[PDB]
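Heads up, this one has canagliflozin in it.
Note on naming: letters A, B, ... go to the chains in the order of the sequence lines (proteins, then strands), and numbering restarts at 1 for each one. All ligand and atom numbering here is 1-based and tracks the order in the structure. Header entry for method reads electron microscopy, 3.1 Å. No hydrogens, no waters, no symmetry mates; every other heavy atom, side chains included, goes into these values.
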Amino acid sequence: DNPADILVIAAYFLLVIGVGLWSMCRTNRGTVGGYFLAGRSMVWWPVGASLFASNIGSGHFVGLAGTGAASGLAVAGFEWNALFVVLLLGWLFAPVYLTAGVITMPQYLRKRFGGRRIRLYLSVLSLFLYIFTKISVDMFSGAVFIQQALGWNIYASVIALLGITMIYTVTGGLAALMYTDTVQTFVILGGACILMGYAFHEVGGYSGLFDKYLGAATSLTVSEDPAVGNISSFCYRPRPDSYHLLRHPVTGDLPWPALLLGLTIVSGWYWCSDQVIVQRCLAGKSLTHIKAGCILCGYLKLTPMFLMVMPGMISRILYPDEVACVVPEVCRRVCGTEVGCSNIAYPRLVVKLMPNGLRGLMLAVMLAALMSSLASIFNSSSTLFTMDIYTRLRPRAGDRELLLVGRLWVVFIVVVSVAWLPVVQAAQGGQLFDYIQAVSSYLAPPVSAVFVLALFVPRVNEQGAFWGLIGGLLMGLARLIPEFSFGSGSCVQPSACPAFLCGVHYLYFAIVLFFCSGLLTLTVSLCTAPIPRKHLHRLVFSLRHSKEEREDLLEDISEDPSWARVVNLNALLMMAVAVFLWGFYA
Amino acid sequence: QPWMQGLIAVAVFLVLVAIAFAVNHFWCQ
Ligand SMILES: Cc1ccc([C@@H]2O[C@H](CO)[C@@H](O)[C@H](O)[C@H]2O)cc1Cc1ccc(-c2ccc(F)cc2)s1
Ligand code: NA
């Protein structure tokens, strides 16, 4: 309402419109190559900027600060796991995907295994995973921040956001979104750094964070309701392992073996096997450019600790009776939610700490985060639908109809997400961040197991790969069923879910589900007849440098030997910086 | 001390990457 906020929002919109129009003037959007794969023309800095921007949503500010506030600094685990896994994309997965000449990841499995059915299954499962784990977090986290910072209606505002992100998406092709993601990555990091600075000034620096956070409890621990009573000292006090990434393997809220192995499996699906991330690598200029952009995205994926997690811990220090509330009546008074108020962590700091001009910039940061992420989902889902499912229903389609079907899917998945918004508004507090990471851990590991055996074990065949995936979903729903039948509650109001169902952390069941899906794939593969080498050139890690004539069930990934040496050194130095920081906060 | 945990972490990482070169240098060629 102060004019400076409107001028900052207008400036940010004019940058985004300006770079959109420049990208459409530059690139060709008339063909499937151009509109869906950016012409296979993107150099390193848009690839890095877009990998980062397509990941970092409104969820990352709401969820990481909120969980920061609630549970200390182990949530950085989610971000920092990514650092290691982006190196597996650039060096192992990205080469095979370039030599296969695929537009979608289901199409890679069609080439590797060769039935009709694996491609169809993985397309339809990916569509359900994006409605559940990716749209839901962005719509929800959007809605939190609008209700807290602005107070505007969280239905109509989500419709208006979904509406503008539709137009942003359908107007340009992957080339528009990746150049716009270099503007959005600048604003996201820039404004996030300004708020980090104001926050750290208010607690009295970095020393201030680490000497005030363990004391920072609410003074209201007594309910008016009998059979809640005195809230336990366990569940309003901050956790005594709040300053440690690496927490206890049986009693930790995120056990260290589950963090490292179990997140690597679920991060493997997210970064190496999934249409949304891998489309940025399929539109690279050359493998050297992909590897270079994977290093940039890596250094950026350290930033979220210092920009989201530690700010949310500072909100606990500054507003403990509102951010760290435990009594149901008090929490219902503060932000509407009986189960807690962690979620207001990040958007209290924007309301309280930011002056007249920079409140606008922090609105532009949330907008930048949300639009980049929802557009990347709408484009990647468009590709999945068009290329895998619509080319089934119409085989002799051609590149004019396929772009129209691409554009009409973006309209349809916006309307499905509007229909879905009330189900996601049913999530009460930080239940959604926890459930997203559960769902990911119950459906992703079989896919992680298939793409690793598809890429590294040439004996694995279509019967194995398919019944591996379906056995996977049976095991994954045996837990994704029973739990959600019980509900969630809080530490104050525990759910009645049995210990033998819920006591195993979801990231440990990721490790079990991966090895059981792995073992099933290999067993059924080794029983049934194998696929010979003539079907498999440039589709497997062994044979990415083949030159032999494949029989189907620019493919040229060499490198300026000097520039190879550059990106290889920066991979090892970027892992050294990773490893140091995991040590520092262990 | 946090800084020693950092340096120990790096040290162990550089041992494992030195091993990864060693193994592929002697067992792939
Ligand atoms: C909202 C969100 C959505 C997606 C991710 C990605 O998850 C992928 C895994 O499937 C990773 O591989 C990617 O590296 C990561 O960037 C991370 C966050 C940040 C969180 C807020 C809050 C979170 C949370 C809350 C409670 C928990 F118990 C655990 C996590 S997690
Ligand atoms: Na984003």
Where would I look for canagliflozin in this thing, copies and all? ligand 1
Name the macromolecule with the most heavy-atom contacts to canagliflozin in this structure, as the PDB entry names it. Sodium/glucose cotransporter 2
Identify the other chains in heavy-atom contact with canagliflozin at a 4.0 Å cut-off. A
Can you walk me through which residues contact canagliflozin using 4.0 Å for heavy atoms? A/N55, A/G59, A/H60, A/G63, A/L64, A/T67, A/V75, A/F78, A/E79, A/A82, A/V137, A/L254, A/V266, A/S267, A/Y270, A/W271, A/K301, A/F433, A/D434, A/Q437, A/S440, A/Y506
Counting UniProt's transmembrane segments of chain A from the N terminus, which ones come closer than 4.0 Å to canagliflozin with at least one heavy atom? 2, 3, 4, 7, 8, 11, 13
